[PDB]
Amino acid sequence: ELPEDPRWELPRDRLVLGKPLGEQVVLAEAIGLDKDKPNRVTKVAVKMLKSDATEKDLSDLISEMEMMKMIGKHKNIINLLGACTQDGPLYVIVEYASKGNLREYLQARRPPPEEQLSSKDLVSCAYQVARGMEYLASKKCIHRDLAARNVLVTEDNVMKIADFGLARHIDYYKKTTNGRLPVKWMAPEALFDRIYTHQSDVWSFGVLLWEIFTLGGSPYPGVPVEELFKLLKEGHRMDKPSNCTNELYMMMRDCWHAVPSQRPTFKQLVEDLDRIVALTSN
Ligand SMILES: Cc1nc2ccc(-n3ncc(C(=O)c4cc5ccccc5[nH]4)c3N)cc2[nH]1
């Protein structure tokens, strides 16, 4: 019983549903998504409700779609493409990232495609994520769960921020699909005082920087929740990755400032990474 929005509405028959992607998201083919090109197909990602869908789970999908409509377009985020709101279940149509999440993408390219990423490719990857986040921050949006698992990669190797429109009950002991604790990406003030800001997202970006330069490495391996809490209270910080400059590790450390006001902004991280990209050899 959703109202139609002709800005985004795609007839249900223009969407050829395919294989599942996300754990609910499916790969699909959209015919004539762009009005100027009606005889062309576009590979898209389709988000829809599960069988045991709650009325809150439905309201959250609507909120996510309405949020995506307002945020606007940027090259380094997953963009809204359309929606099927009439005569059936709600479908939210977004951009498809063929190469999947950043963590796997980096893991697949570790030394023994599988083609080794150069140091310029690594600094460029961080620059694109910083650019996506800078855009979201300018739109007054706080991610709250920034990590390489939530950075998706396109066929053209473009980094796009994903799952930024989430409406948030947080289980600290719950592990991800690969057995990792999300609390390892949380700023201490967000973790202990539940204070989520653009500054707490910058902290998460520091952990993401560490993920990039370890090629999908797991932060704090073998550290349980209770022991992580102790490390943070003591002011413990992760070690410099192997194959990481002192400048880029200083950047990580700045992102992890105990005082949120003293951390760099995404605007500053974009300018610094723009300069480092130009001075890094491929
Ligand atoms: C704010 C927001 N709403 C969203 C709604 C859905 C998605 N979303 N979820 C998955 C995907 C893929 O492209 C995708 C998954 C996958 C797995 C293996 C190989 C290739 C792949 N591509 C996507 N775009 C991100 C969203 N961000």
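In what follows, residues are counted from 1 in the order of the sequence shown. Because only heavy atoms are used, hydrogens play no part in the values below, and waters and symmetry mates are left out as well, while side chains stay in. Counting starts at 1 for both ligands and their atoms, in listed order.
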For this session: Look up the drug at ligand 1 and give its PDB name.
Result: CH5183284
Exercise. To what macromolecule is CH5183284 (ligand 1) bound in this model, taking the chain with most contacts, per the PDB entry?
Worked result: Fibroblast growth factor receptor 1
For this session: Show which residues surround CH5183284 (ligand 1) within 4.0 Å on heavy-atom distance.
Result: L21, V25, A45, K47, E64, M68, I78, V94, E95, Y96, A97, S98, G100, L152, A162, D163, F164, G165
For this session: Return the nearest UniProt active-site residue in chain A to CH5183284 (ligand 1) plus the heavy-atom distance rounded to 1 Å.
Result: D145, 11 Å
Exercise. Which of the atoms in CH5183284 (ligand 1), numbered in the order shown and given with their element, are less than 4.0 Å from a heavy-atom of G165?
Worked result: 1 (C)
For this session: Heavy-atom contacts with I78 under 4.0 Å: which atoms of CH5183284 (ligand 1) show up? List them by number with element.
Result: 24 (N), 25 (C), 26 (C), 27 (N)
For this session: Look at atom 4 (C) of CH5183284 (ligand 1) and say which protein heavy atom is nearest, naming residue and atom and giving the distance to 0.1 Å.
Result: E64 OE2, 3.6 Å
For this session: Considering only non-hydrogen protein atoms, determine which one is nearest to atom 7 (C) of CH5183284 (ligand 1) and report residue, atom name and distance to 0.1 Å.
Result: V94 CG2, 3.9 Å
Exercise. Of all the non-hydrogen atoms in the protein, which one sits nearest to atom 16 (C) of CH5183284 (ligand 1), and at what distance?
Worked result: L21 CD2, 3.8 Å
For this session: Return yes or no for this condition: an N or O of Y96 is under 3.5 Å from an N or O of CH5183284 (ligand 1).
Result: no
Exercise. So which heavy atom in the protein is nearest atom 13 (O) of CH5183284 (ligand 1), and how far is it from that ligand atom?
Worked result: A97 N, 2.9 Å
Problem set entry | Nearest neighbour in protein (non-hydrogen) for atom 27 (N) of CH5183284 (ligand 1) | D163 N, 3.0 Å
Problem set entry | chain A: source organism in the PDB | Homo sapiens
Problem set entry | Main UniProt domain of chain A at the interface with CH5183284 (ligand 1) | Protein kinase
